[PDB]
Protein chains: 2
Amino acid sequence: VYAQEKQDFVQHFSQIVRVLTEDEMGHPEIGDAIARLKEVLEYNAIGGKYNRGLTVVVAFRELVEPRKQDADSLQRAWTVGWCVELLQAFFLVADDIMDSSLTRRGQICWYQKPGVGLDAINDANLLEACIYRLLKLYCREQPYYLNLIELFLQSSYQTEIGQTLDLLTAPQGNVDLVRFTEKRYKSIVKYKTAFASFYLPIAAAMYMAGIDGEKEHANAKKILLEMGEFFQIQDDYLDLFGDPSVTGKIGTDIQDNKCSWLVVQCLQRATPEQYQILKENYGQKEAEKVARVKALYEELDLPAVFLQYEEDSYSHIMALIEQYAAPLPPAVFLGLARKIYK
Amino acid sequence: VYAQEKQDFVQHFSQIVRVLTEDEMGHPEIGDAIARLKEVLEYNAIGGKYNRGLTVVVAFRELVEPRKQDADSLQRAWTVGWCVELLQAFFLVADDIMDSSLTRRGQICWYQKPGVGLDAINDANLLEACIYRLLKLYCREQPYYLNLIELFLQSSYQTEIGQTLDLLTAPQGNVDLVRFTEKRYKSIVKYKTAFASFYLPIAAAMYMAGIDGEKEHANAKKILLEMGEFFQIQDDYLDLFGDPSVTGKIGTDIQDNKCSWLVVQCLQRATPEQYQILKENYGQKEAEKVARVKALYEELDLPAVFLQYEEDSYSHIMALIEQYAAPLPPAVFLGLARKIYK
Ligand SMILES: O=P(O)(O)C(O)(Cn1ccnc1)P(=O)(O)O
Ligand SMILES: O=P(O)(O)C(O)(Cn1ccnc1)P(=O)(O)O
Ligand SMILES: [Mg+2]
Ligand SMILES: [Mg+2]
Ligand SMILES: [Mg+2]
Ligand SMILES: [Mg+2]
Ligand SMILES: [Mg+2]
Ligand SMILES: [Mg+2]
């Protein structure tokens, strides 16, 4: 049933590509650039969970009266959903380079491809351009047009501030254990993930449904930002303890000296002895040293600490839904929470 | 006199930075990210010619009635001028990485700096965010607000398509002499430079003056796109024949197998013998091979061919100003042409 709503949305990706590559119908000079764009979209916006873009569609259907859910209104809903998918695609293409990653979504990272390399920096910028190209082609004559443009622009800046904080707390070749606090961690994830992966899709659907009130968005934000914090903590857990055949990506957080939730929890439980083991093995490419950190996390029963956090966080998010979902259907936040909590 | 209009605009960069880094006044958690933003702006938006942003200010003063040139209207003019400077800054930070450059504006490229590296990909994205942050803070309640947003978004996409075409015609380790044509060359530069360096600043001033007519913009475009084509040809000439103490940047076009104006002209004049010399020495990091290409360009009197092109192009642009400047003051295009033709 949830895979059926997924399949309908996925079947629309062909048209999304068709309208984004129809610029060569009038301008054949930019043909090769248009062909390369199709290649970038096909490689980086397909093979994922589609949970971010699908949230836009699900939330639209739950917030708009079926009497106002015509064919054009629905096409605008899946198109904006696919704009959210492009925002993630563009930020992940860049993230894989800056995180020096190997795989994403079951295949090697776009930049690791022979013949691509650092040309992927411009490929990511092209993916970002498509958001605003689609918003113009489908929402240009809608009352929420500017609200959508500003929400995608603001969400991008918040992610970028978050990415800056992520990279400044993780300098390659520097011991940053002192700076790996819970307070720092909470600030990083609020900006790098919680805004663009959780607030952006529901807020886009809210603007498309005519719900533009600062109070309604502020109350939605209270739930979704906390949901985003958990989602990033889960991403950090699975970076080391997940199955790359399931996650589709190889972990790099220990090697990259990252301010992971795991290392924050490690520093809160580590003896003076265990603090030095971490200090000497964290942030290095050596497989021997990465293994020593994974062993220390397992000694401090961090996979168990995570299972307890997930239970406590689900109860917390649920408490916030009861407090702030109104006047929106609780199903809006409940639907996404069920899909996020495994 | 032209340096006086420059100095006033430059003196406003301090406030541009102050308003872009006042986000930590309310949110001290993102402080370190805000400090890094200030560092990126200070390093990459200062030390240039400021000719792109200054064109916005000059064109505003020439198109708006002095009776309507109040303090607020003028602040919006220098702020939009500085938005054009941020668009160039963000595209050049990325370009230096993809072109594997050494210096820009007298100093080493932002990415070549110890401790920066590929973190500069996110630094470039932050520079792009500031355009829309400034447009919101100063033009949000203006009738041209959406026109500006759409003009900067469209200009970015056109540059990106251009950058794609630039990089696809220049694959590292591949002989692309066959593809280095005048027709290809004209398409690359139209998109990578002519739109964002020439059309964007005058069009921004036109929208701010209330001139939004498609016919007026189409006629402006006819002049400015041709002006941009010459500016890129000049940039390609100076890549090899310019003085890095003047240009502030080291040439990489031969090493990068680029579709330069020089190599297009070389292929039009080269004997079968000279074609093979180029084939064996172009696109390689070897200083010996780069030198062999420079020698062949000098043998075919390409610095003389350039001097003839500059004369013919200036007469051409001047012919187009007489044909399409009306109903705008000819000074608008004449001012920029004098500043571009050396
Ligand atoms: O762990 P990251 O923050 O780097 C990641 O979650 C991506 N990302 C980037 C910003 N927010 C999330 P991914 O593990 O997918 O590589
Ligand atoms: O020669 P490029 O096109 O790479 C350059 O002109 C920059 N640029 C990039 C797009 N348009 C212009 P620069 O020589 O400054 O490195
Ligand atoms: Mg990553
Ligand atoms: Mg990352
Ligand atoms: Mg991760
Ligand atoms: Mg360059
Ligand atoms: Mg370049
Ligand atoms: Mg150049």
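Chain identifiers are assigned alphabetically (A, B, ...) following the order of the sequence lines, protein sequences preceding nucleic acid strands; residue numbering begins at 1 within each chain. For ligands, and for the atoms within them, numbers begin at 1 and follow the listed sequence. Side chains included, hydrogens not; waters and symmetry mates left out as well; all remaining heavy atoms used.
Looking at ligand 1, the drug there is zoledronic acid. Going by contact count, the macromolecule most engaged with zoledronic acid (ligand 1) is what UniProt calls Farnesyl pyrophosphate synthase.
Under a 4.0 Å heavy-atom cut-off, the other chains found next to zoledronic acid (ligand 1) are A. At a 4.0 Å heavy-atom cut-off, zoledronic acid (ligand 1) does not touch A:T159 at all. The shortest contact between atom 3 (O) of zoledronic acid (ligand 1) and any protein heavy atom is with A:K192 NZ, 2.7 Å.
UniProt lists residues of chain A as binding Mg(2+); of these, a heavy atom within 4.0 Å of zoledronic acid (ligand 1) is found for A:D95, A:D99.
Intersecting the UniProt dimethylallyl diphosphate-binding annotation for chain A with heavy-atom proximity to zoledronic acid (ligand 1) (under 4.0 Å) gives A:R104, A:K192, A:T193, A:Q232, A:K249. For atom 8 (N) of zoledronic acid (ligand 1), the candidate residues are A:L167, A:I188, A:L92; the nearest heavy-atom contact is made by A:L92.
When the heavy-atom distances from atom 9 (C) of zoledronic acid (ligand 1) to A:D95, A:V189, A:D236 are ranked, the shortest goes to A:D95. At a 3.5 angstrom cut-off on N or O pairs, A:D235 counts as close to zoledronic acid (ligand 1). Shown in contact with A:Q232 at under 4.0 Å from a heavy atom are these atoms of zoledronic acid (ligand 1), numbered in order with element: 1 (O), 3 (O), 6 (O), 12 (C).
Heavy-atom separations between A:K258 and zoledronic acid (ligand 1) are all 4.0 Å or longer. Residue A:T193 has at least one nitrogen or oxygen atom sitting less than 3.5 Å from a nitrogen or oxygen atom of zoledronic acid (ligand 1), judged on distance alone.
Inside a radius of 4.0 Å around zoledronic acid (ligand 1), the other ligands and ions present are ligand 3 (magnesium ion), ligand 4 (magnesium ion), ligand 5 (magnesium ion).
Annotation: A:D99 places an N or O atom under 3.5 Å from an N or O atom of zoledronic acid (ligand 1); distance criterion only. Between A:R104 and zoledronic acid (ligand 1), at least one N/O pair is under 3.5 Å apart. Counting heavy atoms within 4.0 Å, the binding site of zoledronic acid (ligand 1) comprises A:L92, A:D95, A:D99, A:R104, A:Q163, A:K192, A:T193, A:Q232, A:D235, A:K249.
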Any protein N or O within less than 3.5 Å of an N or O in zoledronic acid (ligand 1)? List each pair with its distance, or say none.
unit_1, atom_1, unit_2, atom_2, d
zoledronic acid (ligand 1), 1 (O), A:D235, OD2, 3.0
zoledronic acid (ligand 1), 3 (O), A:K192, NZ, 2.7
zoledronic acid (ligand 1), 4 (O), A:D95, OD1, 3.3
zoledronic acid (ligand 1), 4 (O), A:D95, OD2, 3.1
zoledronic acid (ligand 1), 4 (O), A:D99, OD2, 2.7
zoledronic acid (ligand 1), 6 (O), A:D235, OD2, 2.9
zoledronic acid (ligand 1), 11 (N), A:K192, O, 3.0
zoledronic acid (ligand 1), 11 (N), A:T193, OG1, 2.9
zoledronic acid (ligand 1), 14 (O), A:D235, OD1, 3.4
zoledronic acid (ligand 1), 14 (O), A:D235, OD2, 3.0
zoledronic acid (ligand 1), 15 (O), A:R104, NH1, 2.6
zoledronic acid (ligand 1), 15 (O), A:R104, NH2, 3.1
zoledronic acid (ligand 1), 15 (O), A:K249, NZ, 2.9
zoledronic acid (ligand 1), 16 (O), A:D95, OD2, 2.9
zoledronic acid (ligand 1), 16 (O), A:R104, NH2, 2.8

